[PDB]
Engineer: 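Here you can see paroxetine bound to Sodium-dependent serotonin transporter.
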Amino acid sequence: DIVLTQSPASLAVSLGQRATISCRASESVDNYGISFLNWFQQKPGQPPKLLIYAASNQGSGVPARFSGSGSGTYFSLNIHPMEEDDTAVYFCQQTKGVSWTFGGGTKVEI
Amino acid sequence: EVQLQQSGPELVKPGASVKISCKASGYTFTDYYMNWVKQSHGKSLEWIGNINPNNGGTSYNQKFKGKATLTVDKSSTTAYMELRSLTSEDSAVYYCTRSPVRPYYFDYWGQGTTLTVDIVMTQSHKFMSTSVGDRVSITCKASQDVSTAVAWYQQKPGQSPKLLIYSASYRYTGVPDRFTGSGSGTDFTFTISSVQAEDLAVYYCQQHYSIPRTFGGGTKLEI
Amino acid sequence: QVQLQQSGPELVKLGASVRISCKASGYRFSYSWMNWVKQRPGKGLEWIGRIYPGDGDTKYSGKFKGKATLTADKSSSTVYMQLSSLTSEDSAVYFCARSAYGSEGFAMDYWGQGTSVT
Amino acid sequence: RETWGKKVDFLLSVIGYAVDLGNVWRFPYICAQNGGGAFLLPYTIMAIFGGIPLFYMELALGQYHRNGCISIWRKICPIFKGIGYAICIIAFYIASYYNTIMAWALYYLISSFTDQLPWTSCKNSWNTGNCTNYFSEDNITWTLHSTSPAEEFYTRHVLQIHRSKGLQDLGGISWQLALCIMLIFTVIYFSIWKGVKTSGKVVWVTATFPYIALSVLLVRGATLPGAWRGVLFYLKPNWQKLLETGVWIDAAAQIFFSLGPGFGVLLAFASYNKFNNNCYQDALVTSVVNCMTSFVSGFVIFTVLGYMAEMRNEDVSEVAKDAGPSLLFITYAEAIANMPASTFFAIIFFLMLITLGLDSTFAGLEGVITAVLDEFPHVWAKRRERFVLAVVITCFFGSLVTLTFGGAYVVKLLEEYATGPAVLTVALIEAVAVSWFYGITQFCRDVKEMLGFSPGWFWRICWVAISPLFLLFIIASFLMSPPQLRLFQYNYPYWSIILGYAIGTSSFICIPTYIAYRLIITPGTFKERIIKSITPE
Ligand SMILES: *[C@@H]1O[C@H](CO)[C@@H](O[C@@H]2O[C@H](CO)[C@@H](O)[C@H](O)[C@H]2NC(C)=O)[C@H](O)[C@H]1NC(C)=O
Ligand SMILES: Fc1ccc([C@@H]2CCNC[C@H]2COc2ccc3c(c2)OCO3)cc1
């Protein structure tokens, strides 16, 4: 199993400010160009809805306030200035085989 | 919601050029081909040629070597054609259809536009006389080895044809359960149990084993 | 479109068996996988396994082989997870998600409603 | 000068350079497309006229002169020294793209070592939305944009064509495929450093292993359903196609590409040999069996794709619409995984493509190291263990443009546009050098003194008339119109023929330069300095 952690545990972003969240791991899952690292967003009562295709391209049903880029052993999701309706938890997901491991998650507050 | 629009007819002097178009809609234009089917006056069907929209290359029959070409347009999803050296024997009706890939069949069919001016499939006699509701049979023989690429169509006088059977063994979506067939290699049969007045039309035996595709002569149920 | 419908909830006692299903519809399930995720109220997520229908390959990790048996069938077009020898500490929330292809990075585009296994 | 160990040693290497892995796809595909069984009729008339005697004269110069590639022109006509310098840089140019062909098969050997092959299922990280090759019960269809699982393992993982765009961006070489080059090049270095002593023993295992592999693969296709459809399209005579002038030239280029004479590789075999052997019997049996191998190896491919015509339900021309090296790794590779006991048949076939490639590059390295030794004595190859090590590293660093992510595009332009007309232009210029300039009346005197009899009426006329005119018709129609090399829906730009011809003529520009190099340094009357450099000492 590949070790996959998350930092920080809780972030306090004011109204109109930007932030970032990363996923610490030993891999470097950069095999055949496709970055094998996904992102999720679980709300209380809602399933962990998908955000970005392999941390490089925005998917369907996702608002335009989310983006992501990076390279190597360190990614950084770009978040727009958030409102009060973004109270959820973001996760990490390395999808390189054959065993998959998930992140710990961070608490999003204002 | 697959629909193919057709242009109006026109009277062209022999020897001049003609332009025929049909806009594709309801599906992705790059996922399927754009095939043309000749409908000769008072006779069977004939194949014209196929165009590849992703590369622009085309393949056609040997009779269209110095007669016609095939171009498409990705910005409008409408194919263009230009026949040259018209004669009195070219009194026919052009068609536009939808075709899948591997195998190459003909699912949908257009309304058509009239123009005023290999493995061959041999069938049985066309004029069969049976009573209404009896089990009928249609015999179609192959000249060479055809594994499973046998199809059957239904064309009414004044109406457009349609796909009925899938790989000569199973039904298509939108087809009643009265149409069933089988066959293996050379003994290709087709039967309809408990026929009605709605199924009283012209049938066709088909072959898709090798390029160029060659259509059959045609049969008629009376009844 | 594509939907994933699970069954109803089930109460967990000592020695009971709980069968959870997830019906696939609107797509070809023989050319994709079927992921399962653990979820506990107050904790995070955890990966369990995958089902690739058509040939029967199933991968297990995270010591879930002792209680979870992942079996599916192509004729009825759904998956099954057979639970056995349950305790009070095994209470969690199970979800089934449709995995995307390798060009998109095996992402979970759609999700189910989730059952309360407690 | 040393010689070979036994008599049957150098008879086994001449056939081993004659056969390769090209004889299983380049020959029988043009047979099925160009009239079926009628294509074998120009195969046996153009062989005795252009193939066989040009194959025979290359041994006769090597038997008498017993010298290398560059030193045979010192005692015939010294202005043609540019011929031996041309074939040296093509040996660096061939080894760039040719070793990547077995490197795709060497990666297939370690991939198919497991029990579960990745070709019978789409359980991988490819474009799985188009990977829909499962043949269900009449609930299967593929859109124009669908692909094959053998193609997705060939394009996404091995070549990585999605990481590049074409000739404008080649980028960073695959590290997994670079390790296969080191496994290939180790066996090449450990067999040529001693000379003909180790070259006479390594061919004893590698030249008969594919021949027994053709026997065990034929019995698989013999008791195989649907194999009669493959022999039908292969053997049916269509005499309406032979009236076209195009099928005559393509049949003549096939025999020249199969045997491959005049490149300098084979004359190194006759240099280390006694003069008493019958060169007529040694050359006649090699050209006869090479048509027999290409006839047998056409049976082991077409009987298997006839089963693919049964399951996919099309014609055999539709399943074999591709034209190139992709016939083995896309169409034939997926047919092995659908068979019972697929773990055994996948290894013996993909090791057959390994051993047929290494016999051609075993002997190709001998032809370039023998040339530098005799022309410059006590300067190059004083230590034979060190100087051939400098040769193998140059084609290793030269192959870095072929191990890229766009490596599939560069092997297509270098096979056909660069090394295609280059092998004809170096072979036509040596054919007129021995016939017209050296003299046909002088050439047969050296053959009859080592054999004991004069050649017949057929060999005298064909050396002066047929063999120069055989290669002229092929090089003329090739420089008629530049074709469009279509490789995975990517069309090449208009300047691809410009860069393709410029790298191809770089060896062809050496021969008018090397004839101009000697007329400057040799002084005297302009008629006398030329005729001194035609007549040897
Ligand atoms: C495999 O299928 C996918 C379908 O998702 C194809 O994706 C298409 O890619 C092209 C650009 O290359 C886009 O313009 C299309 O819009 C995509 N598909 C659709 C329907 O929008 C992909 O091209 C296919 N692979 C191959 C080799 O054709
Ligand atoms: F265009 C063409 C040039 C040469 C040929 C040859 C004809 C005979 N059969 C083998 C073919 C490949 O020759 C090789 C292989 C590896 C080599 C090599 C030569 O020299 C250095 O390493 C075929 C076609």
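Lettering follows sequence order; numbering is per chain, from 1. Start at 1 and go down the list; that is how both ligands and their atoms are numbered.
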Engineer: Hey, where's paroxetine in this structure? All the copies, please.
Structural biologist: ligand 2
Engineer: Give the letters of all other chains that come under 4.0 Å from paroxetine at a heavy atom.
Structural biologist: D
Engineer: What source organism is recorded in the PDB entry for chain D?
Structural biologist: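 In the entry, the organism is Homo sapiens.
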Engineer: State which UniProt transmembrane segments of chain D, counted from the N terminus, have heavy atoms closer than 4.0 Å to paroxetine.
Structural biologist: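 The heavy-atom check, in UniProt terms, returns 1, 3, 6, 8, 10.
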